[PDB]
Q: 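Notebook entry - examining structure containing crizotinib.
Starting from 1, each residue takes its place in the sequence as its number. We count ligands from 1, going down the list as the structure has it; atoms in each ligand are counted the same way. When reading the values below, keep in mind they use all heavy atoms of this one structure, side chains included, and skip hydrogens, waters and symmetry mates.
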Amino acid sequence: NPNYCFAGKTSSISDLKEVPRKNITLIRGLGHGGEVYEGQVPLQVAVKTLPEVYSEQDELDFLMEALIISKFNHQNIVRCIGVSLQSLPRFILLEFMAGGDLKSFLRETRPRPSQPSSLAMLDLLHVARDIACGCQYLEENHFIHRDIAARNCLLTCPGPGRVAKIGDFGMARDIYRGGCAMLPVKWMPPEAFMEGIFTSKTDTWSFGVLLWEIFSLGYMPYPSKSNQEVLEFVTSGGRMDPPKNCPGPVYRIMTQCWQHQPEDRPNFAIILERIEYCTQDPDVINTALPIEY
Ligand SMILES: C[C@@H](Oc1cc(-c2cnn(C3CCNCC3)c2)cnc1N)c1c(Cl)ccc(F)c1Cl
């Protein structure tokens, strides 16, 4: 079995905490991709399954992801409860995030003529703060996520106490051990998609796009552009306009995240400071979010 190194320590799949199959119950499907369920171990879990029809490479990839997540220790990264590997299909057990993924949440929770104050600017800033905090943790432990995006973030619950966490590490796992049309190029900086260069400044760019996802309330980035057009657009200096009703201080963070040169972009410590200043500015957090009719 493969070895993984994070922080100063080196681990092995054998080190994954095994949960006996008999203690695990599958309650319902959670919209599968492999399949994902809500489960109980009483501990409420999310269960990620490895399809049995998959081969050998996928099997190691699958466990590698549990190993990667298991070695993190931070409040804004989803916890791995353990694995169940001594029965088919293979299970990975994760902290259950009742709020679901961030993109769906945003789309489904957009203020309406009936619920105009469902979400406010401060809620968005706190989600952005949560994830920036997870990213800072990754950056200072020299881990590059490579796929920061709303679809890969989770919320603890729907309501006001919600905490956002980074949840999917499949891209990081892949590069660790494939096609053009499966690369998240709309979240990637030029040096990333042109040269395959990835640094912590790679994630800073992606976080800027996520910001935009957050303050658009779940729109797909670069609306009405294809990947190839975005690639040519961004390479040419093109950048997205502000989401609707987006305060200038928030947009300004996005545009700094999208500086063409990696060394001109902020590290996550700087992004956090700037996000916190936004939570202090009444002209930011008193701004009304748009309503779709
Ligand atoms: C692997 C899977 O794990 C979870 C899914 C979910 C989830 C998905 N959907 N829902 C809904 C359950 C019913 N109520 C609304 C949310 C919960 C919660 N916690 C998880 N750890 C997952 C998914 Cl499906 C999507 C994005 C992610 F970043 C992750 Cl990490």
Q: Which polymer chain has more close contacts with crizotinib (ligand 1) than any other, using its name in UniProt?
A: ALK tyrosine kinase receptor
Q: Hey, could you tell me which residues sit within 4.0 Å of crizotinib (ligand 1)? Heavy atoms only, please.
A: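 The heavy-atom site around crizotinib (ligand 1) is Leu30, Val36, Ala46, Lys48, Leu94, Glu95, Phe96, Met97, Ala98, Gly99, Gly100, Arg151, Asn152, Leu154, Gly167, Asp168.
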Q: Who's the nearest protein heavy-atom neighbour of atom 24 (Cl) of crizotinib (ligand 1), and how far?
A: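 The protein heavy atom lying closest is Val36 CG2, 4.2 Å.
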Q: Tell me: protein heavy atom nearest atom 14 (N) of crizotinib (ligand 1), and distance?
A: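 Checking every protein heavy atom, the shortest distance to atom 14 (N) of crizotinib (ligand 1) gives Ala98 O, 3.7 Å.
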Q: Short list, please: which atoms of crizotinib (ligand 1) are under 4.0 Å from a heavy atom of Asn152?
A: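 Checking each atom against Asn152, I get 28 (F).
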Q: Report the nearest protein non-hydrogen atom to atom 30 (Cl) of crizotinib (ligand 1): residue, atom name, distance rounded to 0.1 Å.
A: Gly167 O, 2.9 Å
Q: Give the UniProt domain of chain A containing most of the residues in contact with crizotinib (ligand 1).
A: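 Mostly the UniProt domain Protein kinase.
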Q: Could you tell me the residue and atom name of the protein heavy atom closest to atom 9 (N) of crizotinib (ligand 1), and the distance to it rounded to 0.1 Å?
A: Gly100 CA, 4.0 Å
Q: Return the residue, atom name and 0.1 Å-rounded distance of the protein heavy atom closest to atom 19 (N) of crizotinib (ligand 1).
A: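 Looking at atom 19 (N) of crizotinib (ligand 1), the protein heavy atom closest to it is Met97 N, 3.0 Å.
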Q: Going by the atom numbers of crizotinib (ligand 1), which of them fall below 4.0 Å from some non-hydrogen atom of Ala46?
A: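 The list of qualifying atoms is 4 (C), 19 (N), 20 (C), 21 (N).
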Q: Give the atoms of crizotinib (ligand 1), by number and element, whose distance to some non-hydrogen atom of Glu95 is under 4.0 Å.
A: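 Every atom of crizotinib (ligand 1) under 4.0 Å from some heavy atom of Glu95: 19 (N), 20 (C), 21 (N).
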Q: What are the polar N/O contacts of crizotinib (ligand 1) with the protein below 3.5 Å, with distances?
A:
| residue | atom | partner | partner atom | Å |
| --- | --- | --- | --- | --- |
| crizotinib (ligand 1) | 19 (N) | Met97 | N | 3.0 |
| crizotinib (ligand 1) | 21 (N) | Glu95 | O | 3.0 |

